[PDB]
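Chains get letters A, B, ... in whatever order the sequence lines come in. Shown for chain A, in order and in the PDB entry numbering: 282-755. Note that chain B is numbered according to the PDB entry, with residues 282-755 shown in order. Start at 1 and go down the list; that is how both ligands and their atoms are numbered.
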Protein chains: 2
Amino acid sequence: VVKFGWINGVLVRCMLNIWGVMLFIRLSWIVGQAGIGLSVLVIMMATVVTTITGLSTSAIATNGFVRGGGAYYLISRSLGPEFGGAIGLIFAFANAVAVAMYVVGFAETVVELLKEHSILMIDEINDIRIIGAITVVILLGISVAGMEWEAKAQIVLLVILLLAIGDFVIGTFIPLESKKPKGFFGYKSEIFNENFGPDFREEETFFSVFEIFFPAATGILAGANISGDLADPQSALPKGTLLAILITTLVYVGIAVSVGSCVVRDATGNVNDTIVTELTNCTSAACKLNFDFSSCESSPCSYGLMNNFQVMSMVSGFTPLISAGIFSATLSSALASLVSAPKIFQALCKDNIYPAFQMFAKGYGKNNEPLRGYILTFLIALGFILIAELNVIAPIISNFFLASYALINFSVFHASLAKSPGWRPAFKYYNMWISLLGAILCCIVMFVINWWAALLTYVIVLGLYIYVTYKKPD
Amino acid sequence: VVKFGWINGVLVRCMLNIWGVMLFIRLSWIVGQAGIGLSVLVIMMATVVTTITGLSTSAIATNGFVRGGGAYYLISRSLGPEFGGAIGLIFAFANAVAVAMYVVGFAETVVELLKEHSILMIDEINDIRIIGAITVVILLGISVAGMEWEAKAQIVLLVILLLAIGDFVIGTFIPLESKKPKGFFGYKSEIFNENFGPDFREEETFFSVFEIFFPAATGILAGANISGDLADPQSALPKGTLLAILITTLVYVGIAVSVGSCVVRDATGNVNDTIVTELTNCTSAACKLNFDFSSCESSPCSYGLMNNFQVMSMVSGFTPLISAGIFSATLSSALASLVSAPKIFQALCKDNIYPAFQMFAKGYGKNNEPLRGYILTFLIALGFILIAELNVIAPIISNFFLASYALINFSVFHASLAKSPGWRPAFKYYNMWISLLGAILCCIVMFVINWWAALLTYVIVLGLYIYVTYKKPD
Ligand SMILES: CCCCNc1cc(C(=O)O)cc(S(N)(=O)=O)c1Oc1ccccc1
Ligand SMILES: CCCCNc1cc(C(=O)O)cc(S(N)(=O)=O)c1Oc1ccccc1
Ligand SMILES: [Cl-]
Ligand SMILES: [Cl-]
């Protein structure tokens, strides 16, 4: 009913859907585990996968008018409604569970802050899910309040993220002597010269780092998810998604190098730990920074780039501003996924290729708003939160986004190589073997990311294919 | 030019192509490693895969007239000439390399017999390849002598197998006291009661047993390989292949249970090892059979169901008859594969879907005899013999037959489930989901048998697909 296009929708939705819970919490630990010279490489590899998927989605976008939904209609019209429906359903489930993961990360950070600050609630183990129930109810309420309300919430949350990043960079740029027990020392070149090497940890490897980091990098093409509600389809999507991926990669690289050069892996924060600069053996950069707060090798000391989780916030002044940055990032990501998934399910139900899902069709609202999809995603997310401890199935579903991207790329490759009556791409570049390379990279990542879960993913895709084909749509 | 059908071709070719080098050598060791209660199970599982593949091939056969070749034309006419050519090429390569491995196993057994009997040649390590070259020359000479010549050789070789099995069963049925140091004791119930349990060994497991045994069970549907030279296509193939698989499974089960109940895992063959039957502790079945030739647990003793390799021959009188049995079986299997592969390559080259293979087309001879394919298979086999030590790449090519079977089963499933204009099966049974279940078994076995080699097989199939698609045949 309301046509809004490139700027607001694409920019803020991509910004706050790629910027997940990882950025402020997991990034510091993952860059303290792996040096900058290799964290940059892993971010660049994930960026390569992301940008090839974006180019592939843009290639499908410039073909022609999109009826609606996301990957579903694209895969259907390109390489068969059976694959289209399978990919749409699997990706909708992936997004519906990513909603629960985003909001449970929100729950973890909020309960950690609450417990640290003043008090704690009864049964802190499940207090995360307890607060998650109410915050998911609130998120559903604000999401089902039309599109203008959610757009306003998205833009103000992006503003909050921008102010949080500004506070972070301002705090790091200005050195403070109060953080002598901590790793923050003010961009000392000693910390930089000791961080460009891949200095791993006890049990984490390159592939463990990649599987921890990657779910942050997914959430792209959210504009393509809701292509049926954009003012300028087939034109805004490429120029928006490419710029969003570029800026997100740049900000990840910048924050990674800054936090790597700003902190140290050995910060024994304690009252006794001072900057006396005692004439010790000086094997580590501790004495080069401060004589006290050293000797973390013998026993596991307090924290610092290896154990701390509020390092990204405590590095800069006004810690509540950073914490609100975490809250806004996770809430915005959950909102973006919770809006993207049900309209895709509506696209699935529109063509009636699934006889069983007669319901969950177009309902109330001035536009084609799938409220029933909103309730369905609400219930799925609530059930998965009630399950709790999502890390166990985190790499089970980490390859469902891989499945979606790989089917996108393979569909583009099949439509380009094998001539089709209506392929007719329009975006200017498109060496079509790049889509094949992206598909191969997606499959390689799938096999790396819990190969058993990958095999289960192909089994589920084949089951969906045989189910939809046996139903003989007509 | 000559139409010969069910009896001679189908019967003898299936008998002598499924009956490979394994039966007389590896079977005794594998049944000494895996008990009857589990060896029967593994044989039955391989039989289930084999018979599902046979039923699937029969389903394709009764559709209509076959132009020629094997899985190539079937897969093409069912689900695309691209997959047809990919499957035909990969299966032809698999058969061409299996020829080399069959003949090098023949080389191993013949050089072992020669070294044991009178003398040995220089450089016994490569004496196997030395004799293999000349015996491959003899094989190509007898194979390129028309169809009647190879049929006569095949039938006389199969007769030799019948006499070998008769000698074996006659020797086992009649107990001999001369084999007291050996495990042959005359169907004593003590040996049977102590062998029906899955008594494994140091490092071999169930899946190692499966990967060792399975290449014996492959070689089926050789009549379907040469469907272009059969008197009664689409009618003889099912009733022949099913009966051949049934009888081969029955003879494997019978020989396995007989050799299990006939020998023991502890036969310390030595002059001191007698049948004195001393009153020892008698924890093992040795003293239960004969007091001497016991105590093989402390140190690795001579042989017997765990180390012996000519036990299948020494169990029965007239060992040279058994040795001729091995020779005839391996020569017949190599001949069958060396006849099946090049006509399939001829079918590949006939449709010209591979433009680069302009040569290797129909040549001299009264019938459509692909001599150029004979030389091609000769060169590939000679190269792989010169490579030597084929066991390293045995699990590599073990999944190529799995690939052919899985694609054939998926062909039947896709043609039956997804409606096709000309499916029209005629064989009576066909609960169509059996094709799906067999395809799933084939994929699971592929993953078990060197999952990395399975992944390589999928990569090669995808490469062949994209190569044949990019060439845009018209
Ligand atoms: C299939 C989609 C998965 C989304 N989950 C996710 C997204 C991001 C991100 O970058 O947006 C980062 C991570 S994380 N903490 O680095 O592993 C994620 O895993 C979570 C999130 C919170 C709780 C436990 C696991
Ligand atoms: C892809 C097809 C392979 C066929 N090769 C094969 C067939 C059979 C059989 O049952 O016909 C048994 C075996 S074996 N000795 O059990 O491993 C085989 O592998 C050999 C053979 C001899 C030397 C080393 C490996
Ligand atoms: Cl996605
Ligand atoms: Cl085969």
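Bound to ligand 2 with the largest number of contacts is the chain that the PDB entry calls Solute carrier family 12 member 2. Found at ligand 2 is the drug bumetanide. For bumetanide (ligand 2), the other chains with a heavy atom below 4.0 Å are labelled B. UniProt numbering, N terminus first: transmembrane segments of chain B with heavy atoms less than 4.0 Å from bumetanide (ligand 2) are 1, 3, 6, 10. The organism that the entry gives for chain B is Homo sapiens.
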